[PDB]
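Shown here: dasatinib bound to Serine/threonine-protein kinase 24.
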Amino acid sequence: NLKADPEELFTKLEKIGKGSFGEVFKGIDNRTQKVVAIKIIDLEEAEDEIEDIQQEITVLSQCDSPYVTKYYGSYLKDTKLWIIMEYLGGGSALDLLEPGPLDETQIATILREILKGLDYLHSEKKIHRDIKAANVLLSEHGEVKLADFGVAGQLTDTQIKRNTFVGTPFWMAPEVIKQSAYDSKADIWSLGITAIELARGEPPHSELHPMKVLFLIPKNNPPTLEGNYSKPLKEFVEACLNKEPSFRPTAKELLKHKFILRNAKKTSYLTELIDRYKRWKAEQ
Ligand SMILES: Cc1nc(Nc2ncc(C(=O)Nc3c(C)cccc3Cl)s2)cc(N2CCN(CCO)CC2)n1
Ligand SMILES: [Cl-]
């Protein structure tokens, strides 16, 4: 369902990011005047990532959830491919960390919405494989959605596990680094690392070279959350960061975890964080 002539339907506005894959622009849906995000990739300079792009578009085209960035479509325009998504204006969860620490209500609220996204994806037999705060985006009023499906994987009846080495090293599950047969439980490990990232501001080993953690993670005991945090938060992290994937809970099970039930509140309260970042960035 590749479409054509994107500028008949969208207005391309200013660059807002990226990067490695391509360049990302703000845009307008001319039909509704809603704002969109447009990733433009020139495919005559592709040339190996082309297979990954095809996979990314496939995954995007099959997702339909409040907890995953809304996909408008992929458009051919001469030599270039336009990947068009809803624009979320609140920043990423990583951005929201920059001015300072979160409290456990904010951490639980964000984790609960990530979990609803993971529950959705995993129920569709999809694996995100790059869960981290940078890939968790917020609307300007605090809605929280998963983004960047650039390395997302799909399980099928004939392929019940993946084994591809993808992800971001600090957040990668040990079985992914080992290139063992793995599934959605890899996302649950990454969620654990993300919980530490939300609590501490950065993942375990964050001051080491990424290549070095590739040997450390499979060997070392799993990270724990250290510091003056509630016991249920520490337990939530511990549950996620089990070396044996089958011992990790599902996303569905974690939604009922004491940490989430006791501390998560309305997403609209996250506007406080969004405002904090806006103030901070304006003074930086
Ligand atoms: C880089 C960036 N994106 C933003 N919102 C997005 N919504 C959806 C996105 C998305 O779907 N991208 C994407 C695409 C399009 C294809 C493949 C894969 C992916 Cl990941 S990106 C907001 C933002 N700003 C807001 C907050 N700041 C001001 C504070 O003062 C800074 C600027 N900056
Ligand atoms: Cl928004």
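The residue numbers of chain A are those assigned by the PDB entry, with the residues present covering 15-298 sequentially. Both ligands and their constituent atoms are indexed starting at 1 by order of listing.
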Exercise. If I want every copy of dasatinib, which ligands or chains do I look at?
Worked result: ligand 1
Problem set entry | UniProt Mg(2+)-binding residues of chain A with a heavy atom under 4.0 Å from dasatinib (ligand 1) | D162
Exercise. Is dasatinib (ligand 1) close to any UniProt-listed ATP-binding residue of chain A, that is, with a heavy atom under 4.0 Å, and which ones?
Worked result: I30, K32, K53, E100, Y101, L102
For this session: Ignoring hydrogens, tell whether any protein atom lies closer than 4.0 Å to atom 31 (C) of dasatinib (ligand 1); use the non-hydrogen atoms only.
Result: no
For this session: Starting from atom 22 (C) of dasatinib (ligand 1), find the nearest protein heavy-atom neighbour and note its residue, name and distance.
Result: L102 O, 3.4 Å
Problem set entry | Atoms in dasatinib (ligand 1) with a heavy atom of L151 nearer than 4.0 Å | 6 (C), 7 (N), 8 (C), 9 (C), 21 (S)
Exercise. Which of the atoms in dasatinib (ligand 1), numbered in the order shown and given with their element, are less than 4.0 Å from a heavy-atom of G103?
Worked result: 25 (C), 26 (C)
For this session: Can you figure out which of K40, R293, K53 has its heavy atom closest to atom 16 (C) of dasatinib (ligand 1)?
Result: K53
Problem set entry | Atoms in dasatinib (ligand 1) flagged as close to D162, the criterion being non-hydrogen separation under 4.0 Å | 20 (Cl)
For this session: Report, in ascending order of atom number, the atoms of dasatinib (ligand 1) lying under 4.0 Å from any heavy atom of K32.
Result: 20 (Cl)
Exercise. For atom 1 (C) of dasatinib (ligand 1), is the nearest protein heavy atom closer than 4.0 Å?
Worked result: yes
For this session: Examine dasatinib (ligand 1) and decide if any of its atoms is less than 4.0 Å from a heavy atom belonging to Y291.
Result: yes
Problem set entry | atom 3 (N) of dasatinib (ligand 1): nearest protein contact (heavy atom, Å) | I30 CD1, 4.0 Å
Exercise. Residue-wise, which UniProt domain of chain A is most involved in contacts with dasatinib (ligand 1)?
Worked result: Protein kinase
Exercise. Which dasatinib (ligand 1) atoms does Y101 reach within 4.0 Å, using its non-hydrogen atoms?
Worked result: 4 (C), 5 (N), 7 (N), 22 (C), 24 (N), 25 (C)
Exercise. Between the candidates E100, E70, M99, which shows the shortest non-hydrogen contact distance to atom 8 (C) of dasatinib (ligand 1)?
Worked result: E100
Exercise. What about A51: any of its N or O atoms under 3.5 Å from an N or O on dasatinib (ligand 1)?
Worked result: no
Exercise. For dasatinib (ligand 1), which UniProt active-site residue in chain A is nearest, and at how many Å (non-hydrogen atoms, rounded to 1 Å)?
Worked result: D144, 9 Å
Problem set entry | Other-chain residues near dasatinib (ligand 1) (heavy atom, 4.0 Å) | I30, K32, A51, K53, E70, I97, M99, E100, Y101, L102, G103, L151, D162, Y291
